[PDB]
Enquirer: 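One structure, pasted below without further comment.
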Amino acid sequence: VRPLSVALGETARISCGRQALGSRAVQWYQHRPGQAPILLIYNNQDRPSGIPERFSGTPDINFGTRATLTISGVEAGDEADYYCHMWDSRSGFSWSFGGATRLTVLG
Amino acid sequence: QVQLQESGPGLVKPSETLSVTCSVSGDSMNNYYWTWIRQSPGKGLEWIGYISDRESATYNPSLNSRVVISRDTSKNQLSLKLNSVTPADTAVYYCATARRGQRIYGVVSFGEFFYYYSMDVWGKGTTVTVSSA
Ligand SMILES: *[C]1O[C]([C][O])[C](O[C]2O[C]([C][O])[C](O[C]3O[C]([C]O[C]4O[C]([C][O])[C]([O])[C](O5[C]6O[C]([C][O])[C]([O])[C]([O])[C@]65[O])[C]4[O])[C]([O])[C](O[C]4O[C]([C][O])[C]([O])[C](O[C]5O[C]([C][O])[C]([O])[C]([O])[C]5[O])[C]4[O])[C]3[O])[C]([O])[C]2[N]C([C])=O)[C]([O])[C]1[N]C([C])=O
Ligand SMILES: *[C@@H]1O[C@H](CO)[C@@H](O[C@H]2O[C@H](CO)[C@@H](O)[C@H](O)[C@H]2NC(C)=O)[C@H](O)[C@H]1NC(C)=O
């Protein structure tokens, strides 16, 4: 669990450690301690359910780019764990959810 | 809209069967997949298995296949039973639904595509403990 600190009003950027080999289709899960996880992005290009237009992912165009999730205008309520479920073409079925990161807030 | 509820005993003696039930209200079992996921304190999330209308109980290869999941449409619920429980398996369980999609990257007649699953609706889950006392 890698920690990462963000101050108020800034723009946060979270990247998962696993790197894809081919066509990727990632899912970004937000899990608050004690509550059920909330799905943010499912097809790496669009948000699954209506949420504030603050979380954005990178599309899968011109293979060679990493997978990053950006959050503009972060508030105090954005304190939860982030899971980067990776799905590629040269690895088969993916069972592990990957190593989660710990977002900390300054102020 | 879909509503999901969960139920479990909570206190089970080790080396016995641990059964947890998950019921659905509002919608039927027409086109809704099901899946279970456990989370133990100190470790991350762990996907254990999923089931659908195909009766294809596919389990995690890192689990020794010691759990069975069933779903009866008469009572309109599913339930998972893990046999030979270990006292070190104290974890919170969640019953969720899954949505399947396909990603295509080449010619379809040759089979150049792959399926993926995404959980959209979740639940509160039950926290069960196992101990000798
Ligand atoms: C020969 O011939 C053959 C046959 O004809 C051919 O093949 C072809 O090939 C191609 C190449 O690649 C292919 O492609 C692919 O495709 C696909 C499809 O898809 C889908 O799905 C979706 C969802 O639902 C939809 O929406 C779509 O749609 C579209 O578009 C189109 C146009 O294009 C139209 O028509 C239709 O109608 C619609 O609208 C579809 O259906 C696709 O997807 C793909 O893409 C890919 O890749 C790329 C890179 O390159 C990328 O960028 C993309 O993207 C992205 O985005 C997307 C969107 O959706 C998403 O999803 C993702 O995630 C990302 O983000 C993608 O990925 C491709 O394009 C095809 O398929 C085929 N066909 C068949 C039938 O098979 C060949 O080529 C030929 N050869 C020569 C000429 O040489
Ligand atoms: C095939 O693979 C090569 C290897 O990466 C791709 O090419 C290269 O082009 C990139 C874009 O400018 C550079 O950033 C890389 O440095 C360069 N590779 C090397 C070894 O210098 C190439 O685009 C791929 N082909 C297609 C059609 O995408």
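Proteins get letters first, then strands, A, B, ... in listed order; numbering begins at 1 in each. The displayed model is a subset of the deposited entry, and contacts were enumerated within the subset.
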Enquirer: Name the drug or drug candidate found at chains A and B.
Expert: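 That would be 10-1074.
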Enquirer: Please state the name of chain A according to the entry.
Expert: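 The name in the entry is 10-1074 Fab light chain.
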Enquirer: Which name does this PDB record use for chain B?
Expert: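 The deposit names it 10-1074 Fab heavy chain.
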